[PDB]
Each structure stands twice: as C-alpha cells, then as structure tokens.
J.: 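Attached: Apoptosis regulator Bcl-2 with venetoclax bound.
For reference, positions follow the sequence shown, starting with 1. Ligands are counted one by one from 1 in listed order, and the atoms in each one are counted from 1 as well. Determination method: X-ray crystallography, 1.8 Å. When reading the values below, keep in mind they use all heavy atoms of this one structure, side chains included, and skip hydrogens, waters and symmetry mates.
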Amino acid sequence: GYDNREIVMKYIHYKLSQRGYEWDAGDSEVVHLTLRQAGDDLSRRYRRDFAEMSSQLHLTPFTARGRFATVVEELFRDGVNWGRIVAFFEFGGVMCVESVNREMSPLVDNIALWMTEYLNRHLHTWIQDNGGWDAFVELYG
Ligand SMILES: CC1(C)CCC(CN2CCN(c3ccc(C(=O)NS(=O)(=O)c4ccc(NCC5CCOCC5)c([N+](=O)[O-])c4)c(Oc4cnc5[nH]ccc5c4)c3)CC2)=C(c2ccc(Cl)cc2)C1
C-alpha cells in the first residue's frame, strides 16, 4: 500500500531540488505527482502567505520542533481537509528550505521524520477514513 515515508521523502526531495537545495538522504507514482502538483499550485495561490512564513520562522536547532508543532496545530485547528494536508506538506518544504538557509541542513532529516510520524499517527485515521490517497488522487489528480 501507500508508504508515508516514501511520500514525505519524494516530496521534500522534489521541493528542495526545485529550489537548488541538496538533501543527501533523499538524493504509487501518481500520488507523488498529484501531491507535488497540488503543492506547487497552493504555493502559487498563497505566495504572500508562504513568503511571510519563510521570513518569520527564525529556526534554531532547539526551537525547530516547537515552530513545527506551533504551525501545524494552527493549520488544523478548524479540522482536517485535503487542502490543509497539502499546506502541511508545503510548510514542511518551507521548514527544510529555511533550515538550509540558516546553515542547519541536519534539521531536514528531523523535519522529514516529524512529517512522517504526523502522517503515521496524527492524520492516519482521517486519511484512511476519507478514502486514502486514492481519493485524493481521484479528486485532484
Ligand atoms: C499559520 C497558518 C495556518 C496560517 C495560514 C497559512 C496559509 N494557508 C494555509 C491553508 N490554506 C488553504 C487550506 C485549504 C484550502 C482548500 O481549498 N482545501 S480543499 O477544499 O480541501 C482543496 C481545494 C483544492 C485543492 N486542489 C486544487 C487543484 C487545482 C488544480 O491543480 C491541482 C489542485 C485541494 N487539494 O488538496 O489539492 C484541496 C485552500 O485552498 C486551496 C486552493 N488551491 C489549492 N491547490 C492545491 C491545494 C489547494 C488548496 C487553502 C490557505 C493558505 C499558513 C501556511 C503558510 C505557509 C505554508 Cl508553506 C503553509 C501554510 C500557516
């Protein structure tokens, strides 16, 4: 079936490579393509929000997890839908890009871990019960 670690790895590798960043640890195909196209589209529609988020993160090694948790909680405070999940992936991408910009590339591995466990444990039942990634693909692919 669907592999959350693979979904996270391919998405973060795509987003980083797209902007010229490296990630050695990253360096069913329809789900990966649909997700990255949806995330690209979201980032174009809400470019101002993304640019403001990138500017405000101010990451350090000891604060990165708290910044991640703080934004994810606000993102889903009104409930989960597919668009907020795409935003969750795009935010992870922004977290990874800013980690490298602050000379903290090792954080990319941690962020990828946090995203994977969020899918595995926090979002898993919602995704499964609302049709899984196959429904996401039929809706937006
Ligand atoms: C602290 C913060 C919380 C503050 C706020 C923000 C920014 N906010 C986050 C929430 N946000 C949302 C949330 C839900 C929806 C939505 O409509 N939901 S929906 O009805 O389920 C759905 C509807 C369409 C598609 N797809 C279209 C297809 C078109 C053809 O091409 C393929 C895709 C999908 N879908 O999943 O694909 C799902 C949405 O509107 C859209 C509009 N266009 C979209 N395109 C792709 C997804 C999508 C969603 C936008 C707006 C921006 C913060 C923030 C900052 C930086 C980063 Cl980095 C991240 C977050 C932080």
J.: Return the closest protein heavy atom for atom 40 (O) of venetoclax (ligand 1) as residue, atom name and distance.
T.: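 Residue, atom and distance for the closest contact: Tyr46 OH, 3.8 Å.
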J.: Identify the closest protein heavy atom to atom 22 (C) of venetoclax (ligand 1): which residue and atom is it, and at what distance?
T.: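 For atom 22 (C) of venetoclax (ligand 1), the nearest protein heavy atom comes out as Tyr140 OH, 3.8 Å.
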J.: Have a look at venetoclax (ligand 1) and work out which part of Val94, if any, has a heavy atom under 4.0 Å from it: side chain, backbone, both or neither.
T.: side chain
J.: Which protein non-hydrogen atom lies closest to atom 55 (C) of venetoclax (ligand 1), naming both residue and atom, and how far is it?
T.: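 Result for atom 55 (C) of venetoclax (ligand 1): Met53 CE, 3.7 Å.
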J.: What protein heavy atom is closest to atom 1 (C) of venetoclax (ligand 1), reported as residue, atom name and distance in Å?
T.: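 Protein heavy atom at minimum distance: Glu74 CG, 3.8 Å.
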J.: Below 4.0 Å from venetoclax (ligand 1): does a non-hydrogen atom of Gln37 turn up there or not?
T.: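 Heavy atoms of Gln37 never come under 4.0 Å of venetoclax (ligand 1).
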J.: Quick one: nearest non-hydrogen protein atom to atom 31 (O) of venetoclax (ligand 1), plus distance?
T.: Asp41 CG, 4.2 Å
J.: Which of the numbered atoms in venetoclax (ligand 1) are under 4.0 angstrom from any heavy atom belonging to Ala87?
T.: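 Near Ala87, the atoms of venetoclax (ligand 1) are 59 (C).
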J.: Counting only heavy atoms, which portion of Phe136 has something under 4.0 Å from venetoclax (ligand 1): side chain, backbone, both, or neither?
T.: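 Contact part for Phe136 vs venetoclax (ligand 1): side chain (C-beta onward).
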J.: Which is closest to atom 21 (O) of venetoclax (ligand 1) by heavy-atom distance: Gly39, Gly83, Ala38, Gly141?
T.: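 It is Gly83 whose heavy atom sits nearest to atom 21 (O) of venetoclax (ligand 1).
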J.: Considering heavy atoms of the protein only, find what lies nearest to atom 49 (C) of venetoclax (ligand 1) and give residue, atom and distance to 0.1 Å.
T.: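 The answer is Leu42 CD1, 3.5 Å.
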